[PDB]
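Bound complex of Tubulin beta-2B chain and colchicine.
Chain letters follow the order of the sequence lines: the first is A, the second B, and so on. Residue numbering in chain A adheres to the PDB entry, whereby the residues present occupy positions 1-38, 47-280, 283-337, 341-435 in order. Here the PDB entry sets the residue numbers for chain B, with the shown residues being 13-167 in order. By the PDB entry numbering, chain C shows 2-42, 45-55, 61-277, 286-360, 369-441, in order. Only heavy atoms go into these numbers, but all of them, side chains included; no hydrogens, no water, no symmetry mates. For ligands, and for the atoms within them, numbers begin at 1 and follow the listed sequence.
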Amino acid sequence: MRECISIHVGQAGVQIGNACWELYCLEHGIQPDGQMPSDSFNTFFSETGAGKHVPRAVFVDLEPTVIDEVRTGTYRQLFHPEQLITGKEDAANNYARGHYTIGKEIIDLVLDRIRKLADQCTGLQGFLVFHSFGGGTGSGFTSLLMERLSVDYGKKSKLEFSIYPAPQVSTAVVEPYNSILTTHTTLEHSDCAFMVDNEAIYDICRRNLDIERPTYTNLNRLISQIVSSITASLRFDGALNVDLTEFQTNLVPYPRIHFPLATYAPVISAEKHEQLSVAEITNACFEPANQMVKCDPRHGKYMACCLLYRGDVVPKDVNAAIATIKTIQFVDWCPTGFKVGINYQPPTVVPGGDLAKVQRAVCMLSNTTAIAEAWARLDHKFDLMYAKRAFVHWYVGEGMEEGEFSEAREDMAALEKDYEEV
Amino acid sequence: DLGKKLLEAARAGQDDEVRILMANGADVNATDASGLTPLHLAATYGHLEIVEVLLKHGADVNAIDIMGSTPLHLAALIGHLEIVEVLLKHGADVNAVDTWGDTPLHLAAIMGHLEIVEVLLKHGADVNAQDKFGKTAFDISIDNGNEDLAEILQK
Amino acid sequence: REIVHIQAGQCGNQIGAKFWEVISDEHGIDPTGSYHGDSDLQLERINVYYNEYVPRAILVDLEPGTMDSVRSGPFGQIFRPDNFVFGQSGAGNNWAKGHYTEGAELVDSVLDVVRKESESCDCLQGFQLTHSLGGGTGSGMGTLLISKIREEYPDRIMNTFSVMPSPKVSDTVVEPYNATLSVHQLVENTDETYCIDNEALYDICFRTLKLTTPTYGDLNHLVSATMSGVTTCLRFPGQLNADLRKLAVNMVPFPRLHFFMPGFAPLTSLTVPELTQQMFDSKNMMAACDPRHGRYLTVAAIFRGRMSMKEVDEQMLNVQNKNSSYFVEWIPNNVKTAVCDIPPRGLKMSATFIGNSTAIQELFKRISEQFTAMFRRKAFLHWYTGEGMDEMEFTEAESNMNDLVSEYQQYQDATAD
Ligand SMILES: Nc1nc2c(ncn2[C@@H]2O[C@H](COP(=O)(O)OP(=O)(O)OP(=O)(O)O)[C@@H](O)[C@H]2O)c(=O)[nH]1
Ligand SMILES: COc1cc2c(c(OC)c1OC)-c1ccc(OC)c(=O)cc1[C@@H](NC(C)=O)CC2
Ligand SMILES: Nc1nc2c(ncn2[C@@H]2O[C@H](COP(=O)(O)OP(=O)(O)O)[C@@H](O)[C@H]2O)c(=O)[nH]1
Ligand SMILES: [Mg+2]
């Protein structure tokens, strides 16, 4: 019985967290008031005397607009007030403000609220941290929180769900700066980070769900489907990835390059049909059009690969589909395997959402060198602006030093070379 | 000196003080430190009555100060229409050029005194006069994006 | 969240009062301060400009007659009595009277009203100031106000709607002196300044709208429509969650380059592609600068009304791709769009443009050439030095404004390489 604590930071993290916790409730049969009429799901939910199932989560933002939605939504009764933390003024898309000035006024309150959740744990495994790379809070306050969590909870694991910026999904000009600065400062405090590319999620909603112009609800509902498949192993009985520690083991051979790529199939509109075989949904995982990050894995090598099946999946059918796949290259001295996992619970969808309820789905988690393409794009945008020192005064005006922009960028240059050496 | 008092009178608009000072033999073409005469001052501050009395009693209409500024340059710059008309009728040099290369038309044009620009043009102002930087009032009209001025200079 | 509004001088109180009138109709507030709207969206971000409903507005002037002008207006009885701070006699278009003498005696009594309104905010976002740069009070006293507010609230945002002089609307030869002495103050003490140019407003009214003799009411109709447009995202919920500070961080790449060129479409006294191209047209700009004579550092485009979000996306990409040369290539994705569902009064579709272009130098070069023409002949300099002001403040000011022009041209010819 090993507990997991989820920390949702900034707009993106809170909004995706709302989509997640709604979907966990549908998967575990928990009601919007926390009652459950029926261990596994207790890793994510504590119980009250009254029989309420309270998410083991903390929602944080420097301004209250987003969290106020949670305080009056479908799950208003699901979270106790003390789990929802807000300031009165945000980081204004400035990492320095979220990390050094405004963020320091609330970090202590946040740590007390986490220490209250942790004292209710018999075997805390670690934390799941959700945030944008681009926001001032998502970037600055999260990196401050990751530093402090390494000190106060040094032997515990930290996984991240990070939103990579995309021009199609309302990005700010300075998001390339915030992204690089948070990556640099979190690179040694996080154990594994799953990047979600808003351009990827946006093209899937357009292509596979026929949505003309997706909004954050459409993008988040799809994102939460992928997040739930990744976390399913921790909330149900399972063979593969049953604890936070096993994610590093299975997906992260080399500690710095800890950014696995997630692919999910089938993504089918509720409108659209017959049912897809295990062979077909597996093949979809290798199609680049189904990835959470825009990059070509055929122009790269694999260091690890996990396939997580959900639903009416016979094991023999998987072994045949994996056999077909070997007949895609691997890194030199790494093993050339696939770890498979099957949860026979059918995949769940939000009633009346955009996704169709299917009989079988798969989530493939791969750690591939092709993800470096995503870092190359970010670094290029950083270089163009930094050469002219555009927008830098906003950062140095909020307690930051210019040398920190250089260290951060060097760290990314060194991370780009790590992928090229491997 | 009586010239120092006359200068202050012309600046201050005291019609009667001016007349009394001249009656006692005040230098109508007196100058201050900058080389300004009572007529320049009178022309700068819109004192048309004093401009008339001075022109009747030997005021050099085309006098210049240390920078080559004539009364007409100043009346055009500040935009005293009747004063521009009186100076012209009394022999003011429409195309006088100061140390910056500026004619009274350049100044009327820069400050946007469009009625004065018309009056100077009708009294033979040279539209082809270039300043130290090679700019004519037509060029200034392009640089400043002023179509109202451009139209006045096309005739 | 909350913005404190300060209106200074005759221009500042006139454009100021038309702003309150326009936004009060959008938020459904009648002249008594009572709500009468049909949508929840109108009341969600009412805290930003209104106190519980009364404008969070401060009314300053050295001329006592503008009090009577303000109260006379349609919404004149809505403003708080304690917020009116008035003197015995105006500044007579003398920036030195406004900045150093009559205005500096009254300036402390204004800061006590600011301090009162500011101490009542849940979390003060910043200050909004309306004024002209050509006069004496709005320009001279207003810049002094800005200076003292910035020393008391250095962490808050200071934003201005500054109306630039033009001989076409006021042929007062001392206004370039007053505008230059103020632009020097605005470069050091504002985060964001919307440059509303009376030359542009006159050329639109005269040539496009064909009003033979435009009045301040015709000019102010465009200032009010612009003011409503740029403040839209501060006043209504939409897909964007942002304040004055996020606007500043993404609109201002270098500290001194915070002078914005606003534009509006359509011009009054329509489809999405027709609205988009108009927004990048020189005839729709509120500053008399050709945007094709420079390059854009940053652009923000607020669209208002019911319309296809996809059509707004593709048309905005269609501009950038067609006109790659007008956008600096060293600031990636430097054109941001916001679509707000509530349209303005009497229209179903509006677009508001906020540009940070290097062509703004044209507006400053116009003011400098005029300043220079007068400063060379030392015209009326005594009016200023007689009010306890140093002659070298005229040279500080010119020098600083000329530096600003150099920066703009530096970044206009800078390549990505
Ligand atoms: N997928 C997704 N992306 C979002 C969402 N909200 C914001 N984003 C992205 O996150 C980035 C903006 O960061 P925000 O989370 O809004 O900022 P923040 O963390 O609140 O920090 P502040 O700067 O203090 O407001 C952009 O890339 C947005 O596209 C959301 O709910 N879902
Ligand atoms: C409160 O009002 C606004 C606030 C902001 C922006 C904006 O323009 C749409 C506003 O409307 C005028 C904004 C501006 C420009 C940007 O880049 C050019 C940017 O990065 C980003 C933005 C805004 N963010 C987004 C995703 O639009 C945040 C700051
Ligand atoms: N557009 C506009 N300009 C105005 C208005 N009132 C004054 N101005 C301009 O402002 C300048 C004079 O400033 P003013 O406010 O009257 O002086 P103050 O009262 O001391 O600040 C001139 O350039 C006028 O054209 C107005 O209501 N609208
Ligand atoms: Mg936010």
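The ligands or chains attributed to colchicine are ligand 2. Taking 4.0 Å as the heavy-atom limit, the other chains contacting colchicine (ligand 2) are A, C. The molecule name in the entry for chain A reads Tubulin alpha-1B chain.
Lab note: per PDB, source of chain C = Bos taurus. The contact set between colchicine (ligand 2) and C:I378, taken as ligand atoms under 4.0 Å from a residue heavy atom, comprises 12 (C).
For atom 25 (C) of colchicine (ligand 2), the nearest non-hydrogen atom of the protein is C:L248 CD2, 3.6 Å.
Structurally, no covalent attachment point of colchicine (ligand 2) is modeled.
Close approach to C:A354 involves these atoms of colchicine (ligand 2), each under 4.0 Å from a residue heavy atom: 9 (C).
In terms of protein heavy atoms, atom 10 (C) of colchicine (ligand 2) is closest to C:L255 CD1, 3.8 Å. Residues of chain C that UniProt annotates as binding GTP and that have a non-hydrogen atom under 4.0 Å from colchicine (ligand 2): none. Here the heavy atom of the protein found nearest to atom 8 (O) of colchicine (ligand 2) is C:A316 CB, 3.3 Å. For A:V181, a nitrogen or oxygen atom sits less than 3.5 Å from a nitrogen or oxygen atom of colchicine (ligand 2), counting backbone and side chain alike.
Closest protein heavy atom to atom 26 (C) of colchicine (ligand 2): A:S178 O, 3.6 Å. In the vicinity of A:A180, heavy-atom distances shorter than 4.0 Å reach the colchicine (ligand 2) atoms 20 (O). Ranking the protein heavy atoms by distance from atom 27 (O) of colchicine (ligand 2) puts C:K352 CG, 3.2 Å first.
For atom 12 (C) of colchicine (ligand 2), the nearest non-hydrogen atom of the protein is C:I318 CD1, 3.4 Å. At the shortest separation from atom 2 (O) of colchicine (ligand 2) among protein heavy atoms lies C:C241 CB, 3.5 Å.
Among protein heavy atoms, the minimum distance from atom 18 (C) of colchicine (ligand 2) is reached at C:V315 O, 3.2 Å. Defined by non-hydrogen atoms within 4.0 Å, the binding site of colchicine (ligand 2) is A:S178, A:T179, A:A180, A:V181, C:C241, C:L242, C:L248, C:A250, C:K254, C:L255, C:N258, C:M259, C:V315, C:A316, C:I318, C:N350, C:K352, C:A354, C:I378.
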List below, pair by pair, the N or O atoms of colchicine (ligand 2) and of the protein that are less than 3.5 Å apart, including the distance to 0.1 Å; reply 'none' if no pair qualifies.
unit_1, atom_1, unit_2, atom_2, d
colchicine (ligand 2), 20 (O), A:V181, N, 2.9
colchicine (ligand 2), 20 (O), C:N258, OD1, 3.2

